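Adenylate cyclase, type V, liganded with forskolin.
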Amino acid sequence: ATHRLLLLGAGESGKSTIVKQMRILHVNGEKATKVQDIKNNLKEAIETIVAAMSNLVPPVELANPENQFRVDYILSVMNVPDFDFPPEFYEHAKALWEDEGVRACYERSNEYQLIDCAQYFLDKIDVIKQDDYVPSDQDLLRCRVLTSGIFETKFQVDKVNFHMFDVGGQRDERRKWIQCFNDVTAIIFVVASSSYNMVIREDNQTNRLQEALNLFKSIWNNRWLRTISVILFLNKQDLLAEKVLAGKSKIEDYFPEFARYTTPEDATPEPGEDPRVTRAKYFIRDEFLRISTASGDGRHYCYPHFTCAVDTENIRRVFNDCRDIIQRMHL
Amino acid sequence: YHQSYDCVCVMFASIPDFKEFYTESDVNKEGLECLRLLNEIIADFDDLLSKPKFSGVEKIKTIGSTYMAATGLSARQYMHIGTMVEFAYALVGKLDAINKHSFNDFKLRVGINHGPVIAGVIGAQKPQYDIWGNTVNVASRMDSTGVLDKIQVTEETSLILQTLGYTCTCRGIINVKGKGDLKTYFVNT
Amino acid sequence: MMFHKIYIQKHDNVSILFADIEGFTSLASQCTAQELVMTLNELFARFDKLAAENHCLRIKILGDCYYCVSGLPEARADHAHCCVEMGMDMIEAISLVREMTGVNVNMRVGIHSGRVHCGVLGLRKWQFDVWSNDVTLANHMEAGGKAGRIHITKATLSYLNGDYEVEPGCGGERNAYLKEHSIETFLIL
Ligand SMILES: Nc1nc2c(ncn2[C@@H]2O[C@H](COP(=O)(O)OP(=O)(O)OP(O)(O)=S)[C@@H](O)[C@H]2O)c(=O)[nH]1
Ligand SMILES: C=C[C@@]1(C)CC(=O)[C@]2(O)[C@@]3(C)[C@@H](O)CCC(C)(C)[C@@H]3[C@H](O)[C@H](OC(C)=O)[C@@]2(C)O1
Ligand SMILES: Nc1ncnc2c1ncn2[C@@H]1CC[C@H](COP(=O)(O)OP(=O)(O)OP(=O)(O)O)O1
Ligand SMILES: [Cl-]
Ligand SMILES: [Mg+2]
Ligand SMILES: [Mg+2]
Ligand SMILES: [Mg+2]
């Protein structure tokens, strides 16, 4: 038996990361080329935070005027073709990352475009700077590289074949998805649950979660996917909780309807899960369920899964649950 | 037998942006998937012929991803020219629905002219109905030198459309390969 | 199902020949629509006959553009020679049509070999057609051809097994597509 799976979702939801888990879980020289990519994430993270400091409203100020010179440094090398990455770079970066100002600006990072692996790479600069540095499994999971075009990945789970297709989720990329709609076992739609207080890169205005909802509706009601079921991955479950519990960015300030929402009865919280968190994650799921409820009865269904793509441990659990849905339904 | 007509309205509607979208890779089965989308497009266009208002339209053929049709092969006396334009709008309605489901931005570019043509079959192989003449050559030039999301018509054609209540704009005077300098218009949506 | 059924099938090891009249829009301007369709028919009838003798399958006829592919429907390792032989006869045929008619007809022959997708599209007015990057190239070899001779790609020369004498084509300097794609052309003698 062979299953062809297509990953759909907006830009940065977590699609490419899901394929990296399939490799780590069911598939497995090249690890040395990813270093260059990891260092880029670091560079892009530091400069993006620093450059944003003066543009925010109100502008955030450094706590140590000494770092003003390091700020000048980061910027002077911002758009340098091939950066050789000298030992100074890491030093300046580290000092900046420790300045309260640069940190305060990071807390309000939802107001400008910042990569998800920021806090993770900046926290281990002292590790990446070594010449004998070898990227960990978790390092590759966090590493970010834009997807452009379509990519196939073949793997096996108990002598049963699976063909995975990874596509770009950015607006301009969506136009290639059509190439995979015909003869698809089921769809894996990925969403960035934690991105309720952010805006998309394409226009800098459309709410990220709203872009997700609209896109889901476009996929659920598509004329060529009338009988294809959708496995919904409510990804980035870790950042959702951290945001809810921190209470800085309120969910009802973006989606007003939250104020008139109570946790469902059938709700199954995690052992040691805060009531606030539970109520939040189930709310986001219900939004997508309201769409799937209204149409295509009996012909196709939707199966929600709480997900954290960079948790190699979590993905095994939910992928085995998917393997269940696929076999149990004769797809 | 080959019949002659005096007033036939020919039309060519292209999708310039397709040639770029088409690519041959292992994922898309050597470009088969791209052809699957064209088959959907050409099919949606075809079913407009079943509408009562379009009963006078004749699909001649399909050149590449260019849809060729003509009205007046069955013969407000010039309504058949005004109808062909109505069909042009309909193809846009259809192409836009395809865009909504394939997450694309394909736009139609139309060219319409009218005049005497010669209907009939040709050759020794298959019985394939086709129309010839200068009228058809110019229609095709009206499409190849057009603008996306615009219906480009010839001068004579512009007059007739205006009588029927249509409005037009002067594209200018452009040299058409082989024909020389023609003055052309753009139908106003 | 969800996608309209698609009657298309892939095919490797085939040859695609394209032919086109030079200055046809110009010719349709000089003589009456009747005489044009007649002189155009006198030519194509002979071509269609030659197509059977040379084991080629004629595809379509778009105005003055004529194309047929060898190696279809049944696979033929003799393919590339069929198209060359087809063009050979074509040229003489044009010579005689120009002779008895007194009409200035000349054609460009463009051949290329590779894979091809084939079948039909849409719902109404089906016509067997072919599509693929290689088909697109054969068409450009004709546009970038030299009037009166047979322009072929290196891919086609490799299926000829050294049976025809050729010369440097220089297709890169006569057509933008052939240059930008680094195509090495040749002209048969
Ligand atoms: N903390 C956390 N980070 C995550 C999670 N899922 C993905 N990320 C991180 O988000 C970033 C973007 O994920 P990625 O999978 O590259 O996006 P994408 O959907 O593939 O993006 P694209 O190629 O369509 S443009 C990566 O750095 C990845 O590690 C998650 O559940 N938690
Ligand atoms: C559908 C895509 C693609 C690339 C496939 C293809 O080979 C073509 O269909 C040919 C070459 C090919 O089908 C032979 C006929 C003709 C009429 C010469 C075509 C057009 O030039 C198409 O382009 C246009 C402009 O419609 C083109 C090039 O389009
Ligand atoms: N029945 C038809 N079906 C399809 N296309 C047609 C038909 N009749 C004419 N055409 C088209 C539109 C114009 C085109 C012929 O002109 P073409 O573009 O080949 O130029 P041309 O012959 O003047 O010069 P050249 O070929 O040398 O560039 O063929
Ligand atoms: Cl998303
Ligand atoms: Mg990706
Ligand atoms: Mg010509
Ligand atoms: Mg031509």
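Chain naming is simple here: A for the first sequence line, B for the second, and so on down. Note that chain A carries the PDB entry numbering, so the residues on display, from first to last, are 39-66, 86-388. Residue numbering in chain B adheres to the PDB entry, whereby the residues present occupy positions 878-952, 964-1077 in order. Numbering of chain C is taken from the PDB entry, so the residues present carry the numbers 377-565, in order. One-based numbering, in listed order, for ligands and for the atoms of each. Side chains are part of it too, since the values below use all heavy atoms of this structure and drop only hydrogens, waters and symmetry mates. So this one's X-ray crystallography, 2.8 Å, going by the header.
Across the structure, forskolin can be traced to ligand 2. Other chains with a heavy-atom distance under 4.0 Å to forskolin (ligand 2) are given as B, C.
Name recorded for chain B in the entry: adenylate cyclase, type II. Among UniProt domains of chain C, the one with most residues near forskolin (ligand 2) is Guanylate cyclase 1.
Within 4.0 Å of forskolin (ligand 2) on heavy-atom distance sit the residues B:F895, B:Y899, B:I940, B:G941, B:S942, C:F394, C:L438, C:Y443, C:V506, C:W507, C:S508, C:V511, C:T512, C:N515.
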